[PDB]
Amino acid sequence: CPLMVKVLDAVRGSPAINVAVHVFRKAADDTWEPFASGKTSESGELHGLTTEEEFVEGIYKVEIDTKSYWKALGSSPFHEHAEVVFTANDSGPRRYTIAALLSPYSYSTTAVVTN
Amino acid sequence: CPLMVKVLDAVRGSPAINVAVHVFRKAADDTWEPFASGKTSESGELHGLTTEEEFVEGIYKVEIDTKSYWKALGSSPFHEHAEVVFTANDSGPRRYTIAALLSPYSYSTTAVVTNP
Amino acid sequence: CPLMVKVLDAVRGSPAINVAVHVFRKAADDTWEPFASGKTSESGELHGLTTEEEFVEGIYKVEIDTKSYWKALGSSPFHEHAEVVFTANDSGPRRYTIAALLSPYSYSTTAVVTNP
Amino acid sequence: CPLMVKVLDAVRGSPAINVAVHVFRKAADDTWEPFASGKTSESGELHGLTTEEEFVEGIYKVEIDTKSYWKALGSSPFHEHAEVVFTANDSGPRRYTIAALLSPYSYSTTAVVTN
Ligand SMILES: O=C(O)c1cc(-c2ccc(F)cc2F)ccc1O
Ligand SMILES: O=C(O)c1cc(-c2ccc(F)cc2F)ccc1O
């Protein structure tokens, strides 16, 4: 599992469950090509998005559908979604975890890149 | 000033100076049209992007060019940029501050929205 | 003004107003002596805690009373307070801004340090 | 394991390894009584701090020795340490994870409270 996403809720202090996540890869013409997608589990995590073979070097975008998440829990959110854009490189320690911590008017994201 | 951007550096404990910022607005045809751009000052602030008259209702994307920032300082950052996407002015004019706190592998963004 | 505190609310997208703040300085005997206190204004800022003359070298603790803040608004927060502990002025006088972004189960703090 | 601590490094995008963590419980006279301590593992995590039997309701402080961490990696840090102070309550979902994301001049902390 080369790419995992983890989402936390800063208002409730809990995993953010059932949040839709879409991953895109940048095409040569600069458009965003659908790559992988899913919904976070009960633990706020989304595993199995891709495989080593398919996850080649390139620029990727992870879109987290935060707006629907907040609305469903009776909060008025600011963002349309959270976006995380980065380059996957074969040099580094290439298990990538993209983590996001969500509030109605703020979010923080970090990358934990290991092996 | 209805739309301001402020950027801080969490490594240095200082404003993030000379950071490029590009703003886009989603057009009727659903693509991202250029709306405004600028660079942060020595205080890490960017004012004068737009006017109340031009800043109509819409979905806006504020792209903060963090990679170029970290690279010009000699770091090797993770993200290409920090992107903040939001609906604005859908209940009448508001004033928006978009604030970002940067580290090489992480960033946080918050919005302060005032004045109905 | 050598020491300022700014507090933002990530739930509302606004300044965090009327937040109590207590500052302490570690004394020779190694306990925390009261140093200054105040409350944030409608802009979420607290100025005038101390003067350059009084703000000597030392280890300082800035306690931001987040629990009382969330409770007065009717929330049930996790933390008792947010605490920021740092050495100040050990290379001569500096100006410190301590900034905090609050959610009920999380907070972030950053320092902007200027002016040698 | 009722209380776990996780520490991440925002500069390197990695777990913060070998970071000392001290937990204290507030005594009736308002002093901080040592409770548990350890060093984070290779995954940035510290497990086994306490047991269900010992972790009674009360106010606790988690001190993360961030200053030594940064110095050892050649960074000039701002904080003496990071402190997280909270009340443990028997009502809620009582597995507590205290997570901290560290930068030289900033840190963010969140609580993920589950069952
Ligand atoms: O901005 C972020 O993504 C962030 C992430 C965490 C964090 C906490 C616990 C964990 F298992 C992973 C995380 F990334 C903790 C604080 C934080 O700000
Ligand atoms: O995620 C963010 O947008 C963020 C913002 C700040 C902050 C600091 C100072 C300030 F004037 C405004 C800010 F939003 C401080 C920490 C932080 O994580």
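Read the sequence lines top to bottom; their chains are A, B, and onward. Throughout, chain A uses the PDB entry numbering, with the displayed residues spanning 10-124 in order. Chain B is numbered as in the PDB entry; the shown residues are, in order, 10-125. Chain C uses the PDB entry numbers throughout; the residues present, in order, are 10-125. Heads up, chain D uses the PDB entry numbers, so what you see runs 10-124. Every number for a ligand or one of its atoms is a count from 1 in the order of the listing. Values below: every heavy atom of this structure, side chains too, minus hydrogens, waters and symmetry copies.
- By its PDB name, the drug at ligand 1 is diflunisal.
- The chief contact partner of diflunisal (ligand 1) in this model is named by the PDB entry as Transthyretin.
- Other chains near diflunisal (ligand 1) (heavy atoms under 4.0 Å), by letter: A, D.
- Binding site of diflunisal (ligand 1) at 4.0 Å, heavy atoms: A/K15, A/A108, A/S117, A/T118, A/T119, D/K15, D/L17, D/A108, D/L110, D/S117.
- For a threshold of 3.5 Å applied to N or O pairs, the pair formed by A/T118 and diflunisal (ligand 1) contains at least one separation below that value.
- Residue D/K15 has no nitrogen or oxygen atom sitting less than 3.5 Å from a nitrogen or oxygen atom of diflunisal (ligand 1), judged on distance alone.
- In this structure, atom 7 (C) of diflunisal (ligand 1) lies nearest to the protein heavy atom D/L17 CD1, 3.7 Å.
- Listed by number with element, the atoms of diflunisal (ligand 1) under 4.0 angstrom from any heavy atom of D/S117 are 18 (O).
- Counted by heavy atoms under 4.0 Å from diflunisal (ligand 1), the UniProt L-thyroxine-binding residues of chain A that qualify: A/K15, A/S117.
- The organism reported in the entry as the source of chain A is Homo sapiens.
- Residue contacts with diflunisal (ligand 1): B/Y116 is placed with no nitrogen or oxygen under 3.5 Å of a nitrogen or oxygen of the ligand (distance criterion only).
- Residue contacts with diflunisal (ligand 1): A/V121 is placed with no nitrogen or oxygen under 3.5 Å of a nitrogen or oxygen of the ligand (distance criterion only).
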